[PDB]
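Here's Beta-lactamase with clavulanic acid bound to it.
Position 1 is the first residue of the sequence, and the numbers go up from there. For the numbers below, each heavy atom of this structure counts, side chains included, while hydrogens, waters and symmetry mates do not. Numbering of ligands and ligand atoms starts at 1, following listing order.
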Amino acid sequence: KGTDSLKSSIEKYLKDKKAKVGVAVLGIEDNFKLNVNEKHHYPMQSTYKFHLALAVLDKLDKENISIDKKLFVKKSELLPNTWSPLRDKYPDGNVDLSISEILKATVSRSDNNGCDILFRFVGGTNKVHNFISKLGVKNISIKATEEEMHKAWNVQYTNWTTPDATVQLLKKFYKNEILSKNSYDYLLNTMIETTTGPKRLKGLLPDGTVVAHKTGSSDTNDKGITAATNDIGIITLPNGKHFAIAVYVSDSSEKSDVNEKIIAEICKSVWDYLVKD
Ligand SMILES: O=C(O)[C@H]1/C(=C/CO)O[C@@H]2CC(=O)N21
Ligand SMILES: O=C(O)[C@H]1/C(=C\CO)O[C@@H]2CC(=O)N21
Ligand SMILES: O=C(O)c1nc(CCO)oc1CCO
Ligand SMILES: *C(=O)/C=C/NCC(O)CC=O
Ligand SMILES: [Cl-]
Ligand SMILES: [Cl-]
Ligand code: NA
């Protein structure tokens, strides 16, 4: 037992769930670790917008470009029929939008068009892949823009991660090992000031728990398979410490609300273990 009855407890919970669920927990201040179903590749869906914002913010820090500089977005780039509050605000495109505003839409509101704008800005999906790899985090594949993921069903499975790689990226980011102080502060606040995934990592946590996170979601095909239901981020414990956590519910046959409950229950049991010192 110890941190092992916790792993065995999560495995027991996953036994009857028709899905492949990956889990990873990394203490921030204290060196706590937990893995469930780790040697597997889970599609990231919109969670990889976190990695993109990192590459964006790093490019700004390094080239000394202000997050306030404006980018001209062509109307042809605000694609329709994809989630994009940017397009809904500026339906005619051909507009100068600050990188700050585009980041906000991409991270806090999961803007697909904002995401693809920001991929163009850093030089494409492969540039983001290199940036992550050069940080010393392995087993993250970043190959498809949001536009490419909305084509064939298979294409989302080519943006994949291990759960371990995510918590490693989260904790590097949180301990301010990646970005300038101003860039760190900005991305953190956009990950706190989100309304997404209310029933995921946050669902069963006490009221007022600080949760900086990024969700991702996919469709359900006609054999009832939801490819990806995800939530990842950093959580504050009652004693003021933090832990990074990622839950990837992949290729689920379960109903949608069950898929989020899986994230919520798993995170809740981790929350209870760590709340006991
Ligand atoms: O001491 C604590 O507060 C928690 C914790 C939090 C993660 O930094 O990590 C260690 C493992 C555990 O229960 N401790
Ligand atoms: O098709 C596109 O790429 C662009 C463009 C100019 C081409 O550089 O003009 C229109 C506005 C828009 O979205 N289109
Ligand atoms: O727009 C959102 O709030 C959002 N959230 C997710 C992850 C699943 O909750 O994806 C999106 C964009 C469309 O999928
Ligand atoms: C952000 O999580 C992505 C949302 N939509 C992606 C798709 O619709 C692709 C699923 O087939
Ligand atoms: Cl273009
Ligand atoms: Cl409460
Ligand atoms: Na999302």
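Taking every instance into account, the structure holds clavulanic acid at ligands 1 and 2. Other ligands and ions less than 4.0 Å away from clavulanic acid (ligand 1) are, by number and name, none. Remark: among candidates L26, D30, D277, the nearest residue to atom 12 (C) of clavulanic acid (ligand 1) is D277, based on non-hydrogen atoms.
Per the entry, the species of origin for chain A is Escherichia coli. For the residues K33, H242, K276, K171, the heavy atom positioned nearest atom 7 (C) of clavulanic acid (ligand 1) is part of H242. Heavy atoms of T3 found under 4.0 angstrom from clavulanic acid (ligand 1): none, in either backbone or side chain.
Heavy atoms from both the backbone and the side chain of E29 come within less than 4.0 Å of clavulanic acid (ligand 1). Heavy-atom contacts of clavulanic acid (ligand 1) within 4.0 Å involve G27, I28, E29, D30, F32, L237, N239, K241, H242, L274, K276, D277.
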